[PDB]
Asker: 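Got a structure for you, written out below as structure tokens; questions coming shortly.
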Amino acid sequence: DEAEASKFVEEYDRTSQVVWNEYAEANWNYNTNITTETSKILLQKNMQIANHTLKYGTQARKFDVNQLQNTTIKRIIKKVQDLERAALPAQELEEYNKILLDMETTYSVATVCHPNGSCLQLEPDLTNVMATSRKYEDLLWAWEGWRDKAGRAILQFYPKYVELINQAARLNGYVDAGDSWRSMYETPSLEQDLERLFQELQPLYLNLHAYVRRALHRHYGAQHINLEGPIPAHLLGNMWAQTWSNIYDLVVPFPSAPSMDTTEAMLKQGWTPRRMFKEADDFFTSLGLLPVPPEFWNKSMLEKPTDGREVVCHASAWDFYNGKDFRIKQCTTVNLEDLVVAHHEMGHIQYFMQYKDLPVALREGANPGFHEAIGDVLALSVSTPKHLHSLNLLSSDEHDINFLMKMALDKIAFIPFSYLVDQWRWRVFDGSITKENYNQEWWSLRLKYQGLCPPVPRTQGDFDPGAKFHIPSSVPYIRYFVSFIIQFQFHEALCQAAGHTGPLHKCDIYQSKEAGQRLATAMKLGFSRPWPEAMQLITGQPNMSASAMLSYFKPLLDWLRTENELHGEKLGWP
Ligand SMILES: NCCCC[C@H](N[C@@H](CCc1ccccc1)C(=O)O)C(=O)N1CCC[C@H]1C(=O)O
Ligand SMILES: [Cl-]
Ligand SMILES: [Cl-]
Ligand SMILES: [Zn+2]
């Protein structure tokens, strides 16, 4: 029986590599050239890989995992018993695949037009408007328009999507899709753990929220900002107000200390998307980590195509399951924000390369959060004033607070948003939220967690969640909340391993081999062991903890309390 098991695993692995490699190809061609032809081929490739999944999934279920001795074989087989979408009857499977395809296409090709004929795409057009406009009505036009065109257009597909993905989940042993997704963490206390983590960052977020609200009151007027209420969702410099980095100019703690125009600097000295990824590649190798293969530069799409073809711009990293072909798909824009994204994506590629020799079923991060944290960890060091100056993009207490504020506008502001997304989806999946209350419950959470309000009252027909990539693309979001917490835990440990002393925010792990070694040993484990082990390998302890992030921002927290206190700010939104 045990002999049949290891043989099954071997056959599953060698056959999966081939089928998954072929699927990755068709999926890539569609993402990089949305045509009715590539669509048709992809949907056909869907059925083929589903066929393979059903064949081996059916076999795997015949094994009594409880009686399997080898833990690795036991772990792989248990995982293969989950057919995911392939568990759906043929009819439902094709409908589900088409549903997903249509939602993704609808989102990626949506445009917002003016009365003339000027239509803007999300990236970089609408994104730039949200980041640079300081006119309430212009920001509103883009904010509302995007939701009218992308959000509303997804609503017709969602209820069916929810029904089918939940059905698939039940056919695989779970109670609903949310249950299935949370299982990726293999942590029964997950919901409580995440709740405790969120609560620990509340003091910091609430103080940042009040400070920013005051600055907005200063700029947009008392008639448009309630000093004791939520902040209008279109004023944070980002379409989803998930990161507030772009309004740094409106909230700079010490304006007497001017900061260079980072974007102007990159452009001023000919930085290109390729340069950007080359710098990221250099940081990884400096740590002793792996460089991306030559093939990466030849097959990746680092720029928005200008040959008439429509593509999915939303940045992503791809593993073609042959241990050789890895690629990034990003309509890269030359600015600091995308430089961080490039590192984020390169972090995924590094993970792909580190565990490429493990059985395919175990080729994943310790948990989804780990996969998301890698690139961000390095980017933390890249973002330091001193590091940016070494790249010639930049030229002290007050400077520390200014830097910490810039970092907080990104990292701290994101905490409540990254927490909120799946709190909403989990309740949609378990049936607590019906299509009648999709939007209203989304905004109840936007208010409760982020303290934001819609600048325009929502009406029947609106489906704002659909205006956020991950929703129509069906990509879990809690991984980002986990990532933002643990990436600071990783930064703290790697900095200590690198011999750094003094304030954590001043640490730059560039070219530290000790740091790189901890990340490598952890990444090599892939999904072979419970994530707490990878956590231990990197940090010396096994739990998730907000301590590192709180320690990183401690100076800012103190500055924020003193500043908000002297202005008599009322934290929160009664
Ligand atoms: N200026 C846009 C940059 C996007 C980069 C990043 N991309 C995503 C992609 C997710 C994906 C999974 C499977 C298939 C297709 C896509 C990523 O995690 O790399 C992302 O979404 N991130 C990175 C952090 C948070 C989250 C976001 O922006 O909400
Ligand atoms: Cl929204
Ligand atoms: Cl996740
Ligand atoms: Zn990612």
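Throughout, numbering of the chain's residues begins at 1 and tracks the sequence. Determination method: X-ray crystallography, 2.0 Å. As the structure lists them, so they are numbered: ligands from 1, and atoms in each ligand from 1. Heavy atoms only: backbone and side chains are in, while hydrogens, waters and symmetry mates are out.
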Asker: Give the name, as used in UniProt, of the chain with the most heavy-atom contacts to ligand 1.
Answerer: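 By contact count, the main one is Angiotensin-converting enzyme, soluble form.
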Asker: At ligand 1, which drug or drug candidate appears?
Answerer: lisinopril
Asker: Nearest to atom 17 (C) of lisinopril by heavy atom, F414, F481, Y480: which?
Answerer: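 Considering heavy atoms of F414, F481, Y480, the nearest to atom 17 (C) of lisinopril sits in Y480.
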Asker: Do you know the source organism the PDB entry gives for chain A?
Answerer: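 For chain A, the PDB records Homo sapiens.
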Asker: Taking 4.0 Å as the limit for heavy-atom contacts, which would you say applies to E337 with lisinopril: side chain only, backbone only, both, or neither?
Answerer: neither
Asker: Which residue and atom name correspond to the protein heavy atom nearest atom 6 (C) of lisinopril, and how close is it?
Answerer: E345 OE2, 3.5 Å
Asker: Any other ligands or ions closer than 4.0 Å to lisinopril?
Answerer: ligand 4 (zinc ion)
Asker: Among all the protein's non-hydrogen atoms, which is closest to atom 21 (O) of lisinopril, and how far away is it?
Answerer: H314 NE2, 2.8 Å
Asker: Curious here: most residues of chain A touching lisinopril, which UniProt domain are they in?
Answerer: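 In chain A, it is the UniProt domain Peptidase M2 2.
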Asker: Heavy atoms only: which of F469, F484, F417, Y477 is nearest to atom 29 (O) of lisinopril?
Answerer: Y477
Asker: Give the single entry among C331, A315, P124 that approaches atom 7 (N) of lisinopril most closely by any heavy atom.
Answerer: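 Residue with the shortest heavy-atom distance to the ligand atom: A315.
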Asker: Quick one: look at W240 and lisinopril, take heavy-atom pairs under 4.0 Å, and tell me if it's side chain, backbone, both or neither.
Answerer: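 For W240, there is no contact with lisinopril at all, from either part.
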Asker: Any idea which residues from other chains are within 4.0 Å of lisinopril, non-hydrogen atoms only?
Answerer: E123, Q242, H314, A315, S316, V341, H344, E345, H348, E372, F414, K468, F469, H470, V475, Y477, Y480
